[PDB]
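All remarks here apply to the structure that follows.
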Amino acid sequence: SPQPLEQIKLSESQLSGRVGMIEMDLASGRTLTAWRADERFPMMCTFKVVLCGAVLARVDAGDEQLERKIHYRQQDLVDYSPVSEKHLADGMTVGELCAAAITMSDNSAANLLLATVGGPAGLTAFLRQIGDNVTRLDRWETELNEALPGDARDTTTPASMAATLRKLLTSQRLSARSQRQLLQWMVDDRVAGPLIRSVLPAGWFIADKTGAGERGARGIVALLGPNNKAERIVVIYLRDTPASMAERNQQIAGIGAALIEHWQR
Ligand SMILES: OC[C@H]1O[C@H](O[C@H]2[C@H](O)[C@@H](O)[C@H](OCCCCCCC3CCCCC3)O[C@@H]2CO)[C@H](O)[C@@H](O)[C@@H]1O
Ligand SMILES: CC1(C)[C@H](C(=O)O)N2C(=O)C[C@H]2S1(=O)=O
């Protein structure tokens with residue numbers, strides 16, 4: 001593999017699309033590798049980590065319980081609801097909805113949680129509350145995936161998302177139990193986690209959330225490190241590429257491979 005930045009540049013030229021990336025030290029917040037870190041990219045389902053953070057904040061404040069069972073109707077369901085479509089009769093707990101959102105990319109589960117935090121405007125208010133003045137959510141699932149060229153709606157930057165993920169997981173803004181829960185949901189990802197593990201060398205920790213949208217939009221937010229320890233936050237977004245899903249996945253994997261190959265720096 002080339003140097004990480006070398007590989008990122010190659011990925012851009014090969015995809016004919018824009019890549020944004022940050023590698024951040026989890027412990028200190030130091031930015032190690034950065035590419036288009038201040039440019040905007042659609043969040044897609046990566047927003048669900050921030051969403052579940054806002055839910056956990058309500059739990060901490062006594063305004064919510066993970067145990068609380070939410071009942072919903074078929075008319076509330078949107079496109080891609082692999083878990084929520086199964087529970088029209090018996091409902092789902094807030095915690096279950098969070099797990100389905102993060103680990104399964106369940107879009108209806110995400111919308112149900114989004115309602116509880118005051119919709120996109122409420123989640124954006126939460127982001128401002130934790131010191132993120134850049135990330136914004138404007139729409140619900142699935143319109144938030146539209147990824148129109150130059151549209152600032154439903155976007156983050158690699159640098160803002162990495163800082164925000166660090167704040168949620170480690171800054172003690174969330175309670176100890178809530179920090180642990182948010183991490184565990186990411187550890188439990190069923191969309192990409194097991195596939196990623198299958199191609200990681202022995203000893204590499206992974207926790208993640210993925211997303212996909214229109215016009216080639218693709219993304220991952222992850223915790224990664226050797227010696228079975230979450231050492232770094234890695235955030236990678238792609239936008240405005242006509243490439244196959246397979247090649248988008250392969251390019252993101254290649255950036256990851258470059259980071260692993262050139263880890264010690
Ligand atoms: O010398 C370091 C390592 O180099 C290779 O590991 C390869 C591995 O065989 C390959 O499958 C992976 O592809 C990359 C797959 C990573 C998954 C995507 C990463 C995601 C999640 C984390 C954030 C970025 C995106 O690269 C590494 C590094 O070259 C060797 O196979 C392995 O024995 C050795 O320990
Ligand atoms: C699983 C996905 C490819 C993708 C993912 O998590 O990779 N999710 C979203 O952002 C919506 C769902 S999806 O498009 O079905």
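Index from 1, following the sequence. Both counts, for ligands and for their atoms, begin at 1 and track the order of listing. Below, all heavy atoms of this structure are taken into account, side chains as well, without hydrogens, waters or symmetry copies.
- PDB records give the name of the drug at ligand 2 as sulbactam.
- Here, the main chain in contact with sulbactam (ligand 2) is recorded in UniProt as Beta-lactamase SHV-1.
- The binding-site residues for sulbactam (ligand 2) (non-hydrogen atoms, 4.0 Å) are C45, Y80, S105, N107, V191, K209, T210, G211, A212, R218.
- Counting atoms of sulbactam (ligand 2) from 1 in the listed order, those under 4.0 Å from a heavy atom of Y80 are 15 (O).
- Listed in the PDB entry as the source organism of chain A is Klebsiella pneumoniae.
- Per UniProt's beta-lactam-binding annotation of chain A, a non-hydrogen atom lies under 4.0 Å from sulbactam (ligand 2) in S105.
- Scanning the protein heavy atoms around atom 7 (O) of sulbactam (ligand 2), the nearest turns out to be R218 NH1, 2.8 Å.
- Closest to atom 6 (O) of sulbactam (ligand 2), if we only count protein heavy atoms, is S105 OG, 2.6 Å.
- For atom 3 (C) of sulbactam (ligand 2), the closest heavy atom belonging to the protein is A212 CB, 3.9 Å.
- Of the protein's heavy atoms, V191 CG1, 3.9 Å lies nearest to atom 1 (C) of sulbactam (ligand 2).
- For a threshold of 3.5 Å applied to N or O pairs, the pair formed by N145 and sulbactam (ligand 2) contains no separation below that value.
- Ranking the protein heavy atoms by distance from atom 9 (C) of sulbactam (ligand 2) puts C45 SG, 3.2 Å first.
- Remark: sulbactam (ligand 2) and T210 share an N or O pair separated by less than 3.5 Å (distance only, no angle test).
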